[PDB]
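Take a look at the structure set out below.
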Amino acid sequence: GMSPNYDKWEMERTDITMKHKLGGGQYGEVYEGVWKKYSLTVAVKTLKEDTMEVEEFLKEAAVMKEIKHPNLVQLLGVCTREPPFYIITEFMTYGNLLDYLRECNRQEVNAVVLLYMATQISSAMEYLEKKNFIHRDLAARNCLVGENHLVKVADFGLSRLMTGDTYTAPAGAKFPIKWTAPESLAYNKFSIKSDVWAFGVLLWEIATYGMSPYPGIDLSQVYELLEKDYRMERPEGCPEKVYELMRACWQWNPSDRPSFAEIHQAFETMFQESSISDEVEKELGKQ
Ligand SMILES: Cc1cc(Nc2cc(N3CCN(C)CC3)nc(Sc3ccc(NC(=O)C4CC4)cc3)n2)[nH]n1
């Protein structure tokens, strides 16, 4: 018999040491912290006093208690009973994937590692796909990097458990044009298929080591271009099979886009073969 107000996810703020702010203010009020009890470094997202976004914060916290996967950043606890609200998650030492890609050593982050990243992400999405959840904000900036190129998807502020086949965002809502599928931009309609489209754009960010999508193109012209069947070109050095998958993710009709299960299977096979090849190449100097 547990105590009356026992809540398995709650923890006292005093258990956490708050340190420096992370993400240079780009990700809101998030700080690096330490869960003293375990001398564990953790990430802590908080909410400013006053704020008119408390509901959004609680929802984000709620969703994280519902998902668990090796490639989804893990919620460790929350402080949502009174005033300063906290969301505590495992710490990913290398930060967000976009900056990781923009500052990496390409000798280390090579062809094999890029496929490994996409394989890990598709794995997480296959999990969400089968749970019938939508992420709604897939982008390299929303993925994190740990030791040994470990990659996990994060930022579930818009993640939704779907009841139907689609989700209609409220009128007036604004979205990241470059990662947003046409049906979403035009009718605010989202589905696992719109996440697939987004995944295609994320593959492109990986392939280009973090370049911003649709180079030089004006945001106001993106939709018109897509409608005429324009799509970003194959990045220099990007394997043909990967670009094909990319193009499949950008099929105009959501029903024509592949499933994450299919995407994951494709990358798993490409990663394996590419990995083997890399190890055999190293073998050329040591047997
Ligand atoms: C969730 C999470 C985040 C992390 N790790 C990090 C690490 C990081 N770094 C800054 C730059 N150095 C060179 C490397 C480490 N910068 C950020 S910037 C950042 C901070 C927080 C969030 N997201 C949240 O707190 C969400 C999950 C509720 C996203 C990006 N996040 N581990 N776990």
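Chain A uses the PDB entry numbers throughout; the residues present, in order, are 227-513. As a basis for the values below, the full set of heavy atoms in this structure was taken, side chains included, without hydrogen atoms, waters or symmetry mates. For ligands, and for the atoms within them, numbers begin at 1 and follow the listed sequence.
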query: What does the PDB call the drug placed at ligand 1?
result: tozasertib
message: Quick one: what's tozasertib bound to in this structure? I mean the chain with the most contacts, named like the PDB entry names it.
response: Proto-oncogene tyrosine-protein kinase ABL1
Atom 26 (C) of tozasertib - nearest protein heavy atom and its distance: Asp381 OD1, 3.6 Å
query: Atoms of tozasertib less than 4.0 Å from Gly249 heavy atoms?
result: 18 (S)
message: With the threshold set at under 4.0 angstrom, would you say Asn322 reaches tozasertib through any of its heavy atoms?
response: no
- prompt: Among all protein non-hydrogen atoms, which one is nearest to atom 10 (C) of tozasertib, and what is the separation to 0.1 Å?
  reply: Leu248 CD2, 4.4 Å
query: Which protein heavy atom lies closest to atom 3 (C) of tozasertib, and at what distance to 0.1 Å?
result: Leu370 CD1, 3.5 Å
field: atom 1 (C) of tozasertib: the protein heavy-atom neighbour that sits closest, reported with distance to 0.1 Å
entry: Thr315 OG1, 3.0 Å
query: What protein heavy atom sits nearest atom 4 (C) of tozasertib, and how far away is it?
result: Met318 N, 3.6 Å
query: Any protein heavy atom under 4.0 Å from atom 23 (N) of tozasertib?
result: yes
task: Kindly identify the option in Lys271, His246, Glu316, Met290 whose heavy atom sits closest to atom 25 (O) of tozasertib.
output: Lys271
task: Measure from atom 16 (N) of tozasertib to every heavy atom in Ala287, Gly321, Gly250, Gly254 and give the option owning the shortest one.
output: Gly321
- prompt: Is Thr319 in polar range of tozasertib, meaning some N or O pair under 3.5 Å apart?
  reply: no
task: Answer side chain, backbone, both or neither: which part of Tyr253 comes under 4.0 Å from tozasertib, heavy atoms only.
output: side chain
- request: Run down the list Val289, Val304, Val256 and name the one with the heavy atom closest to atom 20 (C) of tozasertib.
  value: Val256
- request: Find all atoms of tozasertib within a distance of less than 4.0 Å from any non-hydrogen atom belonging to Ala269, and give their numbers and elements.
  value: 1 (C), 2 (C), 3 (C), 4 (C), 32 (N), 33 (N)
message: For atom 28 (C) of tozasertib, what's the nearest protein heavy-atom neighbour? Residue, atom name and distance, please.
response: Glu286 OE2, 3.6 Å
message: Can you walk me through which residues contact tozasertib using 4.0 Å for heavy atoms?
response: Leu248, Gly249, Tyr253, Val256, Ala269, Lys271, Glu286, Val299, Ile313, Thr315, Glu316, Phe317, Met318, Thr319, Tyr320, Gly321, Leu370, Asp381
